[PDB]
There are 4 protein chains.
Amino acid sequence: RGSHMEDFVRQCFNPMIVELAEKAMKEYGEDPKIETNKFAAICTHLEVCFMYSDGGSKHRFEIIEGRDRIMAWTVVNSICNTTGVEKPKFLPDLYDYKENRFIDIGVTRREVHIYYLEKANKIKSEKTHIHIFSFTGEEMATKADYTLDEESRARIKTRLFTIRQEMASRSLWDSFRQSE
Amino acid sequence: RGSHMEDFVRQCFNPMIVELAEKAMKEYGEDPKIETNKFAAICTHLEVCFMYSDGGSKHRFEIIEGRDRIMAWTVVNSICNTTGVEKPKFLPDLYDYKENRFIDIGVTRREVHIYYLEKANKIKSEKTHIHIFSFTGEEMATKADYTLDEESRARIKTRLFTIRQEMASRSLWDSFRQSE
Amino acid sequence: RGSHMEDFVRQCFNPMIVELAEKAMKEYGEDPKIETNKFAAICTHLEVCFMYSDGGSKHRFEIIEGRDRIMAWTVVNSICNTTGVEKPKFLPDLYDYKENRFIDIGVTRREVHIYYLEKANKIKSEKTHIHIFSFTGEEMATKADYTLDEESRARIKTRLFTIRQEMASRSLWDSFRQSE
Amino acid sequence: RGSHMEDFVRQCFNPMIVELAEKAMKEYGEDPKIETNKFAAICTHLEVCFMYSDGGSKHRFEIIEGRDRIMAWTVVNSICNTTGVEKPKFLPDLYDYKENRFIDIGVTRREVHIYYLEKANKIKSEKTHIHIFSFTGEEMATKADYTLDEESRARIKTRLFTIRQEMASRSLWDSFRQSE
Ligand SMILES: O=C1c2c(O)c(=O)ccn2N([C@@H]2c3ccccc3SCc3c2ccc(F)c3F)[C@@H]2COCCN12
Ligand SMILES: O=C1c2c(O)c(=O)ccn2N([C@@H]2c3ccccc3SCc3c2ccc(F)c3F)[C@@H]2COCCN12
Ligand SMILES: O=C1c2c(O)c(=O)ccn2N([C@@H]2c3ccccc3SCc3c2ccc(F)c3F)[C@@H]2COCCN12
Ligand SMILES: O=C1c2c(O)c(=O)ccn2N([C@@H]2c3ccccc3SCc3c2ccc(F)c3F)[C@@H]2COCCN12
Ligand SMILES: [Mn+2]
Ligand SMILES: [Mn+2]
Ligand SMILES: [Mn+2]
Ligand SMILES: [Mn+2]
Ligand SMILES: [Mn+2]
Ligand SMILES: [Mn+2]
Ligand SMILES: [Mn+2]
Ligand SMILES: [Mn+2]
């Protein structure tokens, strides 16, 4: 079962990010060779999260993404027990030591408005800061507080649009978009 | 056809920069072993662009130079579609997320004034910021806005003059200058 | 004599930190394969000190920890003879060129209050700044002056709690805590 | 002719710095295996210069030291022709793009006062900034302008005193000091 999307993912993303995404899907029992749109989404979300955590000042963010589930919750636990924040119901993506809150990042193929609505009504962890990015350059953040300065977010949006174009160039964009 | 200028270029410039320049000429069908003055100019322009993008704050610049033409235009496209800037008629060298504009860098063996005139009247992309450097330490930037702080530009000018001297020391300077 | 704690230490800590801790115990004649709780404490203290010295601005701290005793005292001597600070009675962990004082860092399994009391009454080098961290997220610093900004200290506390959890997960936490 | 001082130098200094010092002595025809005190002085001066240039902000300094004589003068030439500073009579150690002046660094085994006098009366390049360091923690800079912030200079003085101690520990200090 060799998908053009699998080969595309492997050439489009850093090998470390492909490895971490494969390990994520295996931690949830999914298979990157079958759920290839999901493979691509997970790689994209990972790259966005790493770029995001690179946006801050040094030591600003604790990266929860890209860890195995047990260790991700371990670090969440330590953050909660040393800071006093409430433990989220669902796994966040980052923790912000500057603003002292968890960040749940999202990347959507649709209007950021409706994806943000879904996530907010899902988690309802309140304290957890939400930050949606779209493949068209839109973003949406809790309380209109976008955490990072403009240029760091602009980089992320540029990269998302480049991924979109690469997929389109290979005719994978349609199925990806109509898979979410 | 072994030129002293080819060997000089290979010893004067970083091997990565020589490789990227060779790939640029091949993308336009030119041959570094024949167009050796052009080889040297492309290597120089590349080093200047990389030093330039190093001048900013972290994440400040998107580097368009040193990519294949298709991918360079891809990244231009993403920048335009996420920021709303007008798409330049000709390929720029960088994008500035701080000031939100494309930078077309030039390096000339003549008066910066006349090279800047040529480029401005050529592209006339208006929004695109022009920044000329010369092999004698002069520079010229759109609206007298030089983007970078003094020291970062001084480094570039020093390196340009050192290249000029190295060429002169080997007696390549005259043909280079009278080739532009 | 193969301890679960020895294997745990070797998988929990960076190999460089394990090596430096082994060399420390050998410099004092102790054996990491027997004093395994002490092995773990020394590794932890080392990681905390390195994170601490990473918190500052560049060039801010001189690291005294992780050197052999002779060289540690050599660097203390040079600091004292170039700055004019009084030579501590006991080896400190860092020197702060910004605030111009030695830092003795401590990590305790008990109330930071009582460990700080013990160290202060022990060294009584006055000028030497004390900074206690606990495995529960508490800290205590001379004159309520915590040297580093909040986020750098938060990172350290998170890591301490993660170590605590890893030990607990393996059922080593109890003996560790009841060993201090 | 195997000197304890040669072996000491090779173990005390980074291998890159030993290599650059050997190349310096060869550029002036001297031999590190005979002029071993001079070998040590050149290595020390090199380490001080590199620490110095590390003190600044990024791009602040152009390093003239550690180049072959021809290329050192080449870079001096480029600095002079792009900035307009007067060309020093003797080779400086650094150039400061922030303050726009050449720095001649000195390291002395005697009172900084008398070494500074000697150098100032020697070069008399006026514009060239002088900065003396001593093996006892004293420094002396033109116009009481010490260029770098306190901590960066403190590091240098600490390292100088550590070198002094290492030499003393091996009984080389006396001959070194009575060689200058
Ligand atoms: O962290 C996430 C996660 C997000 O953070 C997210 O933003 C969107 C979606 N997520 N989910 C990610 C994920 C992440 C990125 C893109 C798509 C998916 S789709 C489901 C899935 C995920 C991981 C492995 C796997 F096999 C999956 F089927 C799961 C939800 O359980 C916690 C971890 N996690
Ligand atoms: O980006 C440039 C470019 C510049 O950015 C530039 O400043 C001057 C000149 N350029 N041109 C560069 C180039 C770049 C630097 C120095 C000389 C040349 S000379 C023509 C040429 C170039 C690349 C390959 C090649 F084979 C060429 F003949 C082309 C114009 O088409 C877009 C890419 N490009
Ligand atoms: O630097 C320290 C040191 C501290 O800095 C410290 O905070 C607590 C305790 N220390 N001691 C450390 C140490 C460091 C960290 C955790 C536990 C121990 S327990 C005794 C011991 C140490 C080193 C080797 C060894 F074999 C030991 F038995 C010794 C006191 O002699 C100066 C060096 N040193
Ligand atoms: O740059 C220096 C230099 C200094 O910058 C300096 O501060 C003191 C002394 N210098 N001199 C250095 C030197 C540098 C550091 C310590 C001792 C010496 S002692 C003579 C000597 C030097 C280099 C090679 C050699 F074989 C020598 F005999 C020569 C003076 O000619 C320009 C280069 N240079
Ligand atoms: Mn996640
Ligand atoms: Mn997410
Ligand atoms: Mn270009
Ligand atoms: Mn250009
Ligand atoms: Mn210690
Ligand atoms: Mn300590
Ligand atoms: Mn010199
Ligand atoms: Mn000097």
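Sequence lines set the chain letters: A, B, ... in the order given, protein chains first and strands last, and positions in each chain run from 1. Looks like X-ray crystallography, 2.2 Å, at least that's what the header says. Reckoned from all heavy atoms, side chains included, excluding hydrogens, waters and symmetry mates. In listed order, ligands and their atoms are each counted from 1.
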Recorded drug, ligand 4: baloxavir
Main binding partner of baloxavir (ligand 4), per the PDB entry: Protein PA-X
Contacting chains for baloxavir (ligand 4), heavy atoms below 4.0 Å: D
Binding site of baloxavir (ligand 4), heavy atoms under 4.0 Å: D:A24, D:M25, D:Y28, D:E30, D:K38, D:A41, D:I42, D:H45, D:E65, D:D93, D:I105, D:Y115, D:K119
Closest protein heavy atom to atom 20 (C) of baloxavir (ligand 4), given as residue, atom name and distance to 0.1 Å: D:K38 CE, 4.1 Å
Enumerated baloxavir (ligand 4) atoms positioned under 4.0 Å from heavy atoms of D:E65: 1 (O), 2 (C), 5 (O)
Heavy atom of protein inside 4.0 Å of atom 11 (N) of baloxavir (ligand 4), strictly below: no
Other ligands and ions near baloxavir (ligand 4) (under 4.0 Å): ligand 11 (manganese (II) ion), ligand 12 (manganese (II) ion)
Identity and distance of the protein heavy atom lying nearest atom 23 (C) of baloxavir (ligand 4): D:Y28 CD1, 3.8 Å
Protein heavy atom under 4.0 Å of atom 34 (N) of baloxavir (ligand 4): no
Atom 6 (C) of baloxavir (ligand 4): the protein heavy-atom neighbour that sits closest, reported with distance to 0.1 Å: D:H45 NE2, 3.6 Å
Per-atom contact, atom 30 (C) of baloxavir (ligand 4), protein heavy atoms, under 4.0 angstrom: no
Min N/O separation D:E30 to baloxavir (ligand 4) under 3.5 Å: no
Close N or O approach (D:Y115, baloxavir (ligand 4); < 3.5 Å): no
Closest approach of any protein heavy atom to atom 13 (C) of baloxavir (ligand 4), naming residue and atom: D:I42 CG1, 3.9 Å
Heavy-atom protein neighbour under 4.0 angstrom from atom 4 (C) of baloxavir (ligand 4): yes
Any protein heavy atom < 4.0 Å from atom 18 (C) of baloxavir (ligand 4): yes
